[PDB]
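Papaverine:camp and camp-inhibited cgmp 3', 5'-cyclic phosphodiesterase complex.
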Amino acid sequence: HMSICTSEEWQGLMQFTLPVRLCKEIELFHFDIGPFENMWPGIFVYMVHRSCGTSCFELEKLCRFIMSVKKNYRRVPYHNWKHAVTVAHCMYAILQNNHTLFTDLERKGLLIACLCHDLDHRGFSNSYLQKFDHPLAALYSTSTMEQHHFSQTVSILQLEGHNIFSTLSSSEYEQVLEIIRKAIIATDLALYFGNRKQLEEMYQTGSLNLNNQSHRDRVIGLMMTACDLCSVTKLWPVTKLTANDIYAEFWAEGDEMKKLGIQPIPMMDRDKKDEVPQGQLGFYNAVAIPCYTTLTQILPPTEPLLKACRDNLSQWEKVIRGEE
Ligand SMILES: COc1ccc(Cc2nccc3cc(OC)c(OC)cc23)cc1OC
Ligand SMILES: [Mg+2]
Ligand SMILES: [Zn+2]
């Protein structure tokens, strides 16, 4: 049920060279990948090499992998190939400022996790797939979509010549799939609120410890929520532009709920755009700020993310007060 990349596609990626100007700019949090669509695959490859070594993965294997990842993301408004790389770069940005705090294995897994975390999404939320009993909801009772993503990841590794993790030892191999699974599942916002509430308490009482595997999985968890939202952390014209993509998707869903005679939440109701600036402020306050605030206290060199998020809150507040 997968899509293998054509034999010409992955060959071009190996021939790729990143322009010097980008290399320095990538390192920044607020960096936006948007202007460089055809350069995206080579941008990931570059982030890997710089974080794991130019010889960590067989290069021929990474290229079949990456291009098979792109070819297995759907053409939906938001949960698409662009989201993959965007979310992967915020990871690489958090990693670079926190390099030693994570192991060679973790870092390998976290970058593959991000790129894959959203694999083959259909622009339909869990709410929908459970609520109206889709197959995927029956197979995966909770975190329905997340678990399909992880499975799709593994399906791609199983493809002939795609398994970039071959050279890893069987102990490490299974270890990295558990890092990846946990990470992909962590992106379910359902799980987010438990996570942030816990990590906050573990910090305030000084009881956090990075060598405590339980704690470890949760910090990784929050990094996953930070990377996943990170369009809330770019310059406002980019942020707003992505918001259009987000709602494009919600509204396509609400239309289906309407069709089956169920009033979709204001948020997915296209005939309710006036309430949007409200919802965003609600979401920034409830989710984003807390998310980045904790992740800062835990990882101080990520604070630029929390600053950008506040800037984007002022803008939304400004929209509400009729200044746009
Ligand atoms: C269920 O699907 C999503 C989950 C999370 C997001 C991330 C996101 N980014 C910016 C603003 C957001 C604002 C939200 O509430 C209004 C929200 O709902 C959970 C998610 C938001 C987008 C999504 O769009 C498809
Ligand atoms: Mg997701
Ligand atoms: Zn995502």
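We're sticking with the PDB entry numbering for chain A, so the shown stretch reads 447-770, in order. All heavy atoms count here, side chains included; hydrogens, waters and symmetry mates do not. First listed ligand is number 1; within each ligand, the first listed atom is number 1.
All instances of papaverine are found at ligand 1.
In chain A, most residues contacting papaverine (ligand 1) belong to UniProt domain PDEase. Closest UniProt active-site residue of chain A to papaverine (ligand 1), with heavy-atom distance to 1 Å: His525, 3 Å. For chain A, the UniProt 3',5'-cyclic GMP-binding residues having a heavy atom under 4.0 Å from papaverine (ligand 1) consist of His525, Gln726.
Other-chain residues and nucleotides with a heavy atom under 4.0 Å from papaverine (ligand 1) are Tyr524, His525, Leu635, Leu675, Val678, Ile692, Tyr693, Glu695, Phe696, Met713, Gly725, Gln726, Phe729.
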